[PDB]
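[3-methyl-2-oxobutanoate dehydrogenase [lipoamide]] kinase, mitochondrial in complex with valsartan.
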Amino acid sequence: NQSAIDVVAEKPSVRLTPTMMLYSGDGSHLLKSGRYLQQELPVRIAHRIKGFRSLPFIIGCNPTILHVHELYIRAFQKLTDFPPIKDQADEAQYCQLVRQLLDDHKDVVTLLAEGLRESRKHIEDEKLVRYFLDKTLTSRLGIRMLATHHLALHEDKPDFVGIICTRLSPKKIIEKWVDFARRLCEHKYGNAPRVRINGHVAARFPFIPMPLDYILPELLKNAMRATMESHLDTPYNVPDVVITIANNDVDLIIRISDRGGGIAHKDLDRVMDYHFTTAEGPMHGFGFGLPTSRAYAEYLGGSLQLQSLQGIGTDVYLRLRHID
Ligand SMILES: CCCCC(=O)N(Cc1ccc(-c2ccccc2-c2nn[nH]n2)cc1)[C@H](C(=O)O)C(C)C
Ligand SMILES: CCCCC(=O)N(Cc1ccc(-c2ccccc2-c2nn[nH]n2)cc1)[C@H](C(=O)O)C(C)C
Ligand SMILES: Nc1ncnc2c1ncn2[C@@H]1O[C@H](COP(=O)(O)OP(=O)(O)O)[C@@H](O)[C@H]1O
């Protein structure tokens, strides 16, 4: 029961708008944002410690959940022991602590879901697991974006202001993951569906690619796997996966349409649950794909919607909010 955690457990988070972040693209500005990072990170960690303290006693007593709760406390202690930033030199000392804590250990997400699974006999709230894991995933993504962005503001990459790409092409980032997915699918079945990309193929806009690097390969794997399992009798003649890009002033829509047989009526109300799967930080398998991708899409101001045509295929709509 530590009092420093209690002091910031209810303190509202301060999130800089990506628009404001793009404007800071800078010695006097890096000092101001570095001071902000130092003071924000313990508040984000204390919110998650408060989450562990609020679990029902029997669940919070799981040795895996308890071990993860201790990891959060130890991280809070390391981030608060560091003295307040006064100059550019103090700002640069804090970046190095941030890097060592970001690349730290365990694979917390994996341990948490394991602990929650071991405690399922004591879980009465049908939504407790889904809510705890959504909050854990979006909070850790928020922490990652906060820390990785500030570190990247010191480095100079073309077309980037920190982790924000100023000229992101959805077609290029989709193509990058299509090639990765097709190689894995080809190795497994001896073939892979071809992926066509249509719509606003020349669209380019400011966006943060990091969450797409989890979402796109997962959805592509889902569509390609469903197509192959659906056409096992003709494995060398399978229908294409068709991706459409729609770009407007409000959002970017990526529709991924397959002919993989659809998501059955009996599984539809389970596909968005953690651990639900029909296959034989956040993980890519074990039923994490869809709930993680949806939590990420909604955290970023968009959504992940599914339309199942049982017997034919599925259309998956990823919508993401524009920055300006
Ligand atoms: C209409 C504005 C849409 C902007 C948006 O996507 N929003 C969430 C968000 C904000 C900030 C980040 C972020 C980006 C880079 C580096 C760190 C952070 C961050 N994340 N957590 N702390 N810092 C990510 C998502 C909204 C907001 O909050 O402005 C909400 C209202 C939908
Ligand atoms: C300055 C870091 C403060 C936060 C911190 O120290 N930690 C959370 C954390 C760590 C790593 C990531 C991360 C980094 C790279 C790639 C993926 C992820 C990730 N991981 N999950 N989603 N994204 C995010 C958050 C602890 C830990 O987890 O080590 C805990 C014990 C407080
Ligand atoms: N495009 C799709 N077509 C058919 N079934 C799908 C599709 N996308 C997802 N599914 C179903 O939803 C389940 C859960 O998906 P997901 O959360 O990504 O986990 P995983 O990929 O680890 O199985 C899949 O195992 C599969 O049964």
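Residues displayed in chain A correspond, in order, to the PDB entry positions 25-49, 53-307, 331-374. We count ligands from 1, going down the list as the structure has it; atoms in each ligand are counted the same way. We read in the header that X-ray crystallography, 1.9 Å was used to get this structure. Computed over heavy atoms, backbone and side chain alike; hydrogens, waters and symmetry mates excluded.
- Tracing valsartan through the model gives ligands 1 and 2.
- Those atoms of valsartan (ligand 1) with a heavy atom of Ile235 less than 4.0 angstrom away are 14 (C), 15 (C).
- For atom 19 (C) of valsartan (ligand 1), the nearest protein heavy atom (residue, atom name, distance) is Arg39 CG, 3.9 Å.
- For atom 24 (C) of valsartan (ligand 1), the nearest protein heavy atom lies under 4.0 Å away.
- Contact annotation: for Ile191 versus valsartan (ligand 1), there are no heavy atoms closer than 4.0 Å.
- There is a protein heavy atom less than 4.0 angstrom from atom 15 (C) of valsartan (ligand 1).
- The side chain of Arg371, and not its backbone, has at least one atom closer than 4.0 Å to an atom of valsartan (ligand 1) (non-hydrogen atoms only; side chain from C-beta on).
- Near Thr41, meaning under 4.0 Å from one of its heavy atoms, valsartan (ligand 1) places the atoms 29 (O).
- The N/O atoms of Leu40, backbone and side chain alike, include none that comes under 3.5 Å of an N/O atom in valsartan (ligand 1).
- In this structure, atom 5 (C) of valsartan (ligand 1) lies nearest to the protein heavy atom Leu350 O, 4.0 Å.
- Taking a distance limit of 4.0 Å, we find that atom 27 (C) of valsartan (ligand 1) is approached by no protein heavy atom.
- Residue contact check for valsartan (ligand 1): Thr43 places no non-hydrogen atom closer than 4.0 Å to it.
- Which of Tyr349, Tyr63, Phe234 comes nearest to atom 21 (N) of valsartan (ligand 1) through a heavy atom is settled by distance: it is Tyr349.
- Using a 4.0 Å threshold on non-hydrogen atoms, atom 7 (N) of valsartan (ligand 1) does not count as touching the protein.
- Nearest non-hydrogen protein atom to atom 4 (C) of valsartan (ligand 1) is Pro42 CD, 3.7 Å.
- Of the N or O atoms in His176, none lie within a sub-3.5 Å distance of an N or O in valsartan (ligand 1).
- A heavy atom under 4.0 Å from valsartan (ligand 1) is present in none of the residues that UniProt lists as binding Mg(2+) in chain A.
- For the pair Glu67 and valsartan (ligand 1), no heavy-atom separation below 4.0 Å is found.
- Contact annotation: for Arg71 versus valsartan (ligand 1), heavy atoms closer than 4.0 Å belong to the side chain alone.
- Residues of other chains with a heavy atom under 4.0 Å from valsartan (ligand 1): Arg39, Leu40, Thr41, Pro42, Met45, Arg71, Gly169, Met172, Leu173, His176, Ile235, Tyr349, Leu350, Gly351, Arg371.
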Using a cut-off of under 3.5 Å, which N/O atoms of valsartan (ligand 1) pair up with protein N/O atoms, and what distance separates each pair?
{"residue": "valsartan (ligand 1)", "atom": "6 (O)", "partner": "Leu350", "partner atom": "O", "Å": "3.1"}
{"residue": "valsartan (ligand 1)", "atom": "20 (N)", "partner": "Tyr349", "partner atom": "OH", "Å": "3.1"}
{"residue": "valsartan (ligand 1)", "atom": "21 (N)", "partner": "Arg39", "partner atom": "NH1", "Å": "3.3"}
{"residue": "valsartan (ligand 1)", "atom": "21 (N)", "partner": "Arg71", "partner atom": "NH1", "Å": "3.2"}
{"residue": "valsartan (ligand 1)", "atom": "21 (N)", "partner": "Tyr349", "partner atom": "OH", "Å": "2.9"}
{"residue": "valsartan (ligand 1)", "atom": "22 (N)", "partner": "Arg71", "partner atom": "NH1", "Å": "3.1"}
{"residue": "valsartan (ligand 1)", "atom": "22 (N)", "partner": "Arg71", "partner atom": "NH2", "Å": "2.8"}

